[PDB]
*Asks:* 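The following entry includes lamivudine triphosphate; I'd like to go through it with you.
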Amino acid sequence: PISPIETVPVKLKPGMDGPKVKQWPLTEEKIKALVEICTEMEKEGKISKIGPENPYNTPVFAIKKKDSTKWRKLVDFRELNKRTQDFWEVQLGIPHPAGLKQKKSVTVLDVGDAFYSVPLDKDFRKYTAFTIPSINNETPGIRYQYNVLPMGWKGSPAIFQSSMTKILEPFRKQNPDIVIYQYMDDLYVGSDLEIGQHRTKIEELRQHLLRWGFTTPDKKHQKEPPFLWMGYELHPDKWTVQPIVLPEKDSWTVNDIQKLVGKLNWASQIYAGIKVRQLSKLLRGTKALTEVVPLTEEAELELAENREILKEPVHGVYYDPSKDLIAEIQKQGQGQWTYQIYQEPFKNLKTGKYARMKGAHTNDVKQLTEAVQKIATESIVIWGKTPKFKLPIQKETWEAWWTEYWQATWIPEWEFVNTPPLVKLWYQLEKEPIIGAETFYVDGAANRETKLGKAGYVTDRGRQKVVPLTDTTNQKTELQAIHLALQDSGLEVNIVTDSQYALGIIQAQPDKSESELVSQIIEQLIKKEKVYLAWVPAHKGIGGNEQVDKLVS
Amino acid sequence: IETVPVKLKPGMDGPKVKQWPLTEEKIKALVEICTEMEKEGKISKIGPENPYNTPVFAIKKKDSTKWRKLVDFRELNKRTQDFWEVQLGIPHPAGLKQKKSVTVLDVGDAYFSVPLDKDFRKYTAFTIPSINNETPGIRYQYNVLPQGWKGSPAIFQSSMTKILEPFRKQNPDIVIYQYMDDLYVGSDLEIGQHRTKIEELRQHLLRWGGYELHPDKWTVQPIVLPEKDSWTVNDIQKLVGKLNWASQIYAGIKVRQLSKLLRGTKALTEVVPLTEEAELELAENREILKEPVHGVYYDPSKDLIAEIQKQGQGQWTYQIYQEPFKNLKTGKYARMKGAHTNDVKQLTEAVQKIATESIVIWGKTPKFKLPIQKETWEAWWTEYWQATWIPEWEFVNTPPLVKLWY
DNA sequence: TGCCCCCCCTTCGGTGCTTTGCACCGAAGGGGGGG
Ligand SMILES: Nc1ccn([C@@H]2CS[C@H](COP(=O)(O)OP(=O)(O)OP(=O)(O)O)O2)c(=O)n1
Ligand SMILES: OC[C@H]1O[C@@](CO)(O[C@H]2O[C@H](CO)[C@@H](O)[C@H](O)[C@H]2O)[C@@H](O)[C@@H]1O
Ligand SMILES: [Mg+2]
């Protein structure tokens with residue numbers, strides 16, 4: 001039935017009128033599907049006949065539903081959505097089963113005909129005008145407008161959600177020791193009451209919904225474990241994901257690989273150790289979704305590893321709020337991190353991964369800090385607090401980073417855990433110049449308009465070099481000049497540059513880069529024993545810098 | 001009483017900023033606070049057909065031990081119509097930074113007795129999240145002058161003057177400045193004497209409806225140069241690049257006769273003797289930097305900018321300016337937290353301290369250039385914020401070329 | 001031939017700098033999942 005809740009007033013955007021779009025052809029099974037729904041929707045007051053006085057229109061269709069032998073009616077409101085006012089969406093996130101507590105008694109209910117049980121603002125109805133075709137031969141169609149929320153209108157999800165919240169609010173206040181997870185039209189209801197009182201509360205909640213016009217079909221009233229909920233399976237003491245089927249293919253397209261990565265990301269919330277770096281590398285620089293992409297050797301290996309992980313059965317546990325949350329992180333290589341969140345050892349609440357590259361140039365310590373930040377945010381969302389961390393980095397390593405790095409940085413209460421590979425700084429610049437080490441004065445210049453440039457150095461030991469460069473930039477030649485000094489120096493070197501750009505990158509102790517040049521410099525820094533790096537201003541006649549600047553021209 | 005008609009600036013729409021996640025204890029506090037405010041008609045439940053939003057969170061002062069709701073109206077204030085344009089603004093008094101002690105009072109609750117233009121209320125919406133997204137967000141908007149909105153001191157201006165006249169009447173040498181939800185009240189009375197008319201000013205206010213600042217020890221920190229018996233090539237290169245930077249700020253600082261002590265391709269560890277004429281250059285340069293720069297004056301029509309550098313061992317340098325290299329103030333903030341273990345807390349406290357000094361001195365907060373990754377700041381700062389206002393800020397990655405400010 | 005939400009990975013384009021490319025960032029394309 002239609003709720004007697006007050007309608008939500010809605011507006012077109014200012015200046016705009018309503019849509020005016022012709023209808024298209026559908027099959028005979030997709031006209032009987034709708035006419036069955038359409039003269040029956042009219043019987044229940046969901047729609048009303050209109051005629052030519054209303055000048056608006058929008059086309060209509062139907063698609064099959066996972067429930068077999070039921071159809072879903074849909075109108076293509078793309079034009080109307082454009083001219084309809086914005087909404088503030090109240091669905092802020094997706095509930096997660098690792099955020100649930102154990103409950104003695106559990107029920108899962110669906111509200112039936114959810115959108116069609118909520119009425120639509122009187123003055124807006126006429127903008128929802130459509131037409132029902134009937135095979136497209138010998139009849140043009142008859143016109144209806146919606147009296148309730150249409151599926152396919154931009155406002156329908158939010159106005160339904162907000163309506164459901166208002167209807168549930170009396171019941172939640174009345175029963176504060178009953179948790180109700182409300183996702184769209186799906187209701188999880190947990191309690192610590194014996195199943196007797198619990199089912200009393202349930203049908204009492206069902207009757208409250210029914211006076212407000214919301215049926216709860218028995219078909220979708222789950223009463224026994226395992227409950228099917230939000231893509232998971234709720235057991236009394238544990239939860240699982242519903243089975244994940246990966247594509248298996250002789251030949252792969254971009255679009256297949258896109259599907260594969262998405263499945264693995266979804267799996268990674270409970271399957272520890274999933275990796276997608278090498279499969280996603282295949283997506284780079286491609287240019288059609290139907291382009292065949294041959295898997296690299298590294299992608300096959302990564303795919304096979306993920307497949308082994310997926311064959312093993314896994315489960316999460318539920319949240320015990322009387323125990324700490326603990327987050328443990330491991331390093332996987334090539335900027336990939338996996339993590340587990342638990343309270344008792346070897347009993348995961350969930351897992352995950354962090355593998356974004358932020359910045360052209362970074363190091364493992366920064367990326368570890370980002371993973372920590374992503375886990376901290378996810379823990380606030382799911383459990384409302386941050387966890388204690390277990391990290392594969394020594395206290396000394398961290399302490400040397402936050403003293404030598406010029407940006408404020410932090411990570412919460414953490415305990416070192418020895419699970420190699422450990423996160424470490426790969427080199428450290430000397431705070432002071434090195435006695436007995438050679439002093440290189442470096443410089444590189446490029447011609448803005450030519451592409452041509454030079455990198456070079458002079459030395460307190462009389463060494464000097466200039467190399468020609470083609471197809472380069474100002475910043476590149478400066479990086480190149482440092483590259484050569486490192487290439488030709490011993491295990492210990494003092495370097496003076498006039499590029500604050502180059503100093504900026506290297507002072508941040510990067511261990512990886514999207515630049516091959518910066519990568520080459522990093523490998524040289526890692527092989528050295530000591531390096532002091534100094535800056536001076538250019539073109540002020542400073543001894544050393546002046547002579548090499550002299551020489552690069 | 002009657003609303004004052006309020007508008008956004010021409011061709012701007014209202015704020016549309018997503019709510020960020022909150023801890024259990026902040027969500028509980030917001031639900032307690034908003035429920036009570038709903039009952040008193042100060043806010044009203046709204047739905048999703050209002051398309052505006054502004055983030056909400058909560059702060060608990062350690063001494064107070066009670067939560068304070070903080071709505072981040074920075075976006076809304078930028079889009080709200082100027083009130084100095086309509087001439088309803090609050091003059092800054094130059095006497096405040098002269099006082100021995102200044103106490104901060106949170107008086108935001110007085111705003112809740114004045115209603116807000118019904119056509120403007122929708123711009124004030126906010127949304128309380130829920131743990132593990134058990135429910136959709138819950139939305140309110142204001143019916144009264146909101147805390148944190150720049151329009152509320154301006155509209156309430158006429159009234160707080162009436163409320164404060166007897167106190168000021170009676171205490172002519174105490175100076176009171178309203179900034180947003182705050183009263184800044186300074187005097188020269190003795191440390192425990194000053195506190196007591198603080199407490200009397202309170203009762204006069206509680207009869208309609210932080211921790212002592214001390215400006216005359218807000219020491220300026222100038223640029224200084226090392227002093228040594230003996231100088232390496234590297235010392236002199238560092239000295240030359242530092243003074244070269246500083247000549248963008250000061251007048252007639254020269255490097256010509258320190259720079260040629262370095263003629264030649266020399267080892268960084270070689271000890272170069274100072275010529276008579278380099279010793280001249282340097283002791284000369286030392287005093288140009290001794291006293292402040294001549295020609296730098298505050299302009300109320302322009303914004304204030306603040307830069308901070310982490311220096312280590314809990315120290316933080318800062319400069320406030322409006323035009324580059326024309327610093328109105330240069331300072332050094334020192335952490336007193338204890339362990340020395342938290343950079344983000346230190347920086348958050350430093351931003352509050354610097355911003356407070358700008359309010360006391362010029363009457364408004366500066367836009368900060370913060371030496372931190374955006375995502376490190378946003379993971380933690382609200383845990384350490386204690387002010388009822390929030391300044392503008394942006395994130396910079398600037399390595400030191402020189403260590404100018406040490 | 002529809003709608004709304006979260007996530008990850010890739011690409012693109014706008015902004016500001018004592019720039020002439022570069023690094024950063026938010027939006028939008030693809031995919032996963034929920035209703
Ligand atoms: N593909 C989809 C799926 C759901 N929806 C929305 C989200 S919630 C609302 C549910 O619709 P209904 O309850 O009326 O039909 P259902 O498929 O749920 O069966 P019943 O519950 O038995 O009545 O439809 C949509 O717009 N598009
Ligand atoms: O921290 C920046 C981040 O915060 C948001 C609010 O979520 O913006 C706020 O801070 C900005 C910087 O001062 C203001 O410009 C803005 O008006 C204020 O809401 C995000 O928009 C931004 O990414
Ligand atoms: Mg349903």
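Reminder, nothing fancy here: chain letters follow the sequence lines and each chain counts from 1. Side chains are part of it too, since the values below use all heavy atoms of this structure and drop only hydrogens, waters and symmetry mates. For ligands, and for the atoms within them, numbers begin at 1 and follow the listed sequence.
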*Asks:* Please list the parts of the model that make up lamivudine triphosphate.
*Replies:* ligand 1
*Asks:* To what macromolecule is lamivudine triphosphate (ligand 1) bound in this model, taking the chain with most contacts, per the PDB entry?
*Replies:* HIV-1 reverse transcriptase p66 subunit
*Asks:* Report the chain letters of other chains having a non-hydrogen atom under 4.0 Å from lamivudine triphosphate (ligand 1).
*Replies:* A, C
*Asks:* Does the entry give DNA chain C a name, and if so, what?
*Replies:* DNA/RNA (38-MER)
*Asks:* What ions or other ligands lie within less than 4.0 Å of lamivudine triphosphate (ligand 1)?
*Replies:* ligand 3 (magnesium ion)
*Asks:* Does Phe115(A) reach lamivudine triphosphate (ligand 1) with a nitrogen or oxygen that is under 3.5 Å from one of the ligand's nitrogen or oxygen atoms?
*Replies:* no
*Asks:* Which species is recorded as the source of chain A in this PDB entry?
*Replies:* Human immunodeficiency virus 1
*Asks:* How far is atom 8 (S) of lamivudine triphosphate (ligand 1) from the closest protein heavy atom, and which atom is that?
*Replies:* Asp185(A) OD2, 3.6 Å
*Asks:* Quick one: look up the protein heavy atom nearest atom 23 (O) of lamivudine triphosphate (ligand 1) and list residue, atom name and how far away it is.
*Replies:* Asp113(A) N, 2.8 Å
*Asks:* Do any nitrogen or oxygen atoms of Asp67(A) lie less than 3.5 angstrom from nitrogen or oxygen atoms of lamivudine triphosphate (ligand 1)?
*Replies:* no
*Asks:* If you take every non-hydrogen atom within 4.0 Å of lamivudine triphosphate (ligand 1), which residues does that pick out?
*Replies:* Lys65(A), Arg72(A), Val111(A), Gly112(A), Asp113(A), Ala114(A), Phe115(A), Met151(A), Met184(A), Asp185(A), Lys220(A), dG2(C), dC3(C), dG35(C)
